[PDB]
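Let me begin by presenting the structure, written as structure tokens, before commenting on it.
Order of the sequence lines sets the chain letters (A, B, ...), proteins ahead of strands, with each chain counted from 1. Readers should note that the entry appears only in part, and the reported contacts come from within that part. When a ligand or atom number is given, it counts from 1 through the structure's own listing order. Only heavy atoms go into these numbers, but all of them, side chains included; no hydrogens, no water, no symmetry mates.
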Amino acid sequence: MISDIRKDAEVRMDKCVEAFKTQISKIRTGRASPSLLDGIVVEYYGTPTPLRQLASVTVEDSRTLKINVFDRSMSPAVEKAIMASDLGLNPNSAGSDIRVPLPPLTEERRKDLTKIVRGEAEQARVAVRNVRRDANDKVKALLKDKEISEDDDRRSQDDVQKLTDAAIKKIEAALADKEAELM
Amino acid sequence: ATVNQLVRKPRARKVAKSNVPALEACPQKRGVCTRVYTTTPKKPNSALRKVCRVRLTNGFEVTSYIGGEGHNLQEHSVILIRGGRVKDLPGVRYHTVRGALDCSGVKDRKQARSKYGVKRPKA
RNA sequence: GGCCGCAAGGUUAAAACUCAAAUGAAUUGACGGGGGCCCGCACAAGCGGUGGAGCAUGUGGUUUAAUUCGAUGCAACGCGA
RNA sequence: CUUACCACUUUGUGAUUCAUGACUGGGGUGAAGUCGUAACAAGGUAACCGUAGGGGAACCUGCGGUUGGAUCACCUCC
RNA sequence: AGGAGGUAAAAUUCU
Ligand SMILES: NC[C@@H]1O[C@H](O[C@H]2[C@@H](O)[C@H](O[C@@H]3[C@@H](O)[C@H](N)C[C@H](N)[C@H]3O[C@H]3O[C@H](CO)[C@@H](O)[C@H](O)[C@H]3N)O[C@@H]2CO)[C@H](N)[C@@H](O)[C@@H]1O
Ligand SMILES: [Mg+2]
Ligand SMILES: [Mg+2]
Ligand SMILES: [Mg+2]
Ligand SMILES: [Mg+2]
Ligand SMILES: [Mg+2]
Ligand SMILES: [Mg+2]
Ligand SMILES: [Mg+2]
Ligand SMILES: [Mg+2]
Ligand SMILES: [Mg+2]
């Protein structure tokens with residue numbers, strides 16, 4: 001009945017938002033953001049797996065970013081792994097901490113980059129909006145097969161709305177501070 | 001063909017192919033690194049080849065190779081750009097000069113280091 | 001862009017960009033679900049077999065503290081042994 | 001003072017030209033991705049040119065045109 | 001000794 005698609009609609013949604021958060025994690029703002037490296041493909045001596053399984057992705061300041069590691073025979077091995085990976089980060093081999101700098105918001109970055117997140121935001125909305133479409137298609141469907149009451153439909157067609165609405169609030173307000181990381 | 005044709009439409013001559021719009025035909029232009037890529041070379045060769053996209057002086061956004069073992073530069077960087085080309089990676093048409101106004105020269109060069117802007121050890 | 005077309009499109013005709021080739025005729029082989037000719041237990045004609053069964057032995061894999069190394073279509077697998 | 005000339009400027013309306021534009025069309029390039037196999041041998045439905053209609057895609061089909069097209073051994077009859 | 005007519009159906013791929 002409605003029950004096991006009210007909860008079904010719900011999981012599909014608040015796991016829709018937790019992809020957005022996840023794909024505005026692979027952008028480069030001014031700020032340090034260690035979760036930038038903490039999702040990078042990297043080889044080392046046998047198998048893939050990110051650098052999570054090797055170094056601490058720490059910080060030095062808002063505009064720089066220390067890489068505390070254990071083992072000092074792969075410093076060039078990862079350096080290239082990082083310095084060829086669609087980011088544009090030249091790591092200094094100052095020794096010890098693979099210094100990766102954070103070059104500033106160049107304004108053609110405060111913008112156009114910003115345009116990307118609030119676009120990526122929008123498509124995350126669309127996915128949610130479409131969980132909506134389905135969720136109550138099931139509702140509407142199990143009505144014209146007399147298993148619901150008009151009332152029970154109506155109170156289920158809304159509330160699905162309540163799920164969309166709130167779920168958007170999460171998308172929108174996770175984007176909104178992420179916009180502060182440049183504005 | 002006819003002399004009477006040549007007289008009427010005289011002999012054409014190919015013009016400048018120019019393989020390097022460093023606008024005013026200049027020996028080099030100054031520019032800022034838009035970004036600092038790494039891309040892979042053309043067919044028979046395989047590497048991580050270091051490179052940067054560079055707005056310069058005159059409005060042209062271009063893209064230049066940064067050679068030698070081990071360079072150091074980022075966004076902020078203003079480089080000096082000179083006519084160049086790399087046979088691998090066809091995008092290119094330009095080389096960054098090492099030891100011009102920001103990028104620096106190669107660490108620990110001795111052979112052919114005019115070409116990588118490196119002061120002498122201690123002669 | 002101009003001119004012509006009901007349209008389909010036609011005619012005149014560039015540029016950035018990219019490559020160190022692209023192309024022609026002939027040469028030698030090699031191939032063809034091209035053709036000719038001709039051989040071989042290659043078919044066909046026959047006789048007895050493997051593939052099933054148990055066991056010997058080899059190998060792959062799996063196992064193992066080790067299951068030593070090599071041989072892998074015909075031309076490795078009772079082969080180096 | 002006035003008259004004529006006339007620079008600057010103004011209004012309407014066309015023309016022309018450079019830069020710029022959401023989006024979008026193809027094009028170029030980039031070792032090892034996904035589909036099928038269109039072409040080169042008669043490429044396994046000869047190919048290709050113009051044209052028109054189909055189609056995930058190479059393509060397919062009709063109409064004419066070109067050779068820039070491979071094959072005459074076995075049979076039965078004469 | 002000429003002509004004639006009939007004799008191979010479909011069957012992809014190889015960092
Ligand atoms: N290159 C010229 C053009 O190629 C086109 O074909 C394009 C594609 O079909 C072709 O892609 C090929 C693919 O066809 C082939 N069957 C498999 C191969 N992995 C791809 O390769 C492509 O992608 C890889 C990585 O993704 C790149 O490393 C490589 O540069 C590129 N060729 O690469 C071509 C573009 O690079 C058409 N033939 C035509 O538009 C034109 O001739
Ligand atoms: Mg014999
Ligand atoms: Mg027999
Ligand atoms: Mg038997
Ligand atoms: Mg395109
Ligand atoms: Mg074929
Ligand atoms: Mg054919
Ligand atoms: Mg035809
Ligand atoms: Mg075949
Ligand atoms: Mg295939």
What's the name of that drug at ligand 1, by the way? paromomycin
Binding partner of paromomycin (most contacts, the PDB entry): 16S ribosomal RNA
Could you check which other chains have a non-hydrogen atom under 4.0 Å from paromomycin? D
Could you help me out with the residues around paromomycin? Anything with a heavy atom closer than 4.0 Å counts. D/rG28, D/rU29, D/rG30, D/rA31, D/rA32, D/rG33, D/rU34
In this entry, what organism is named for RNA chain D? Escherichia coli str. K-12 substr. MDS42
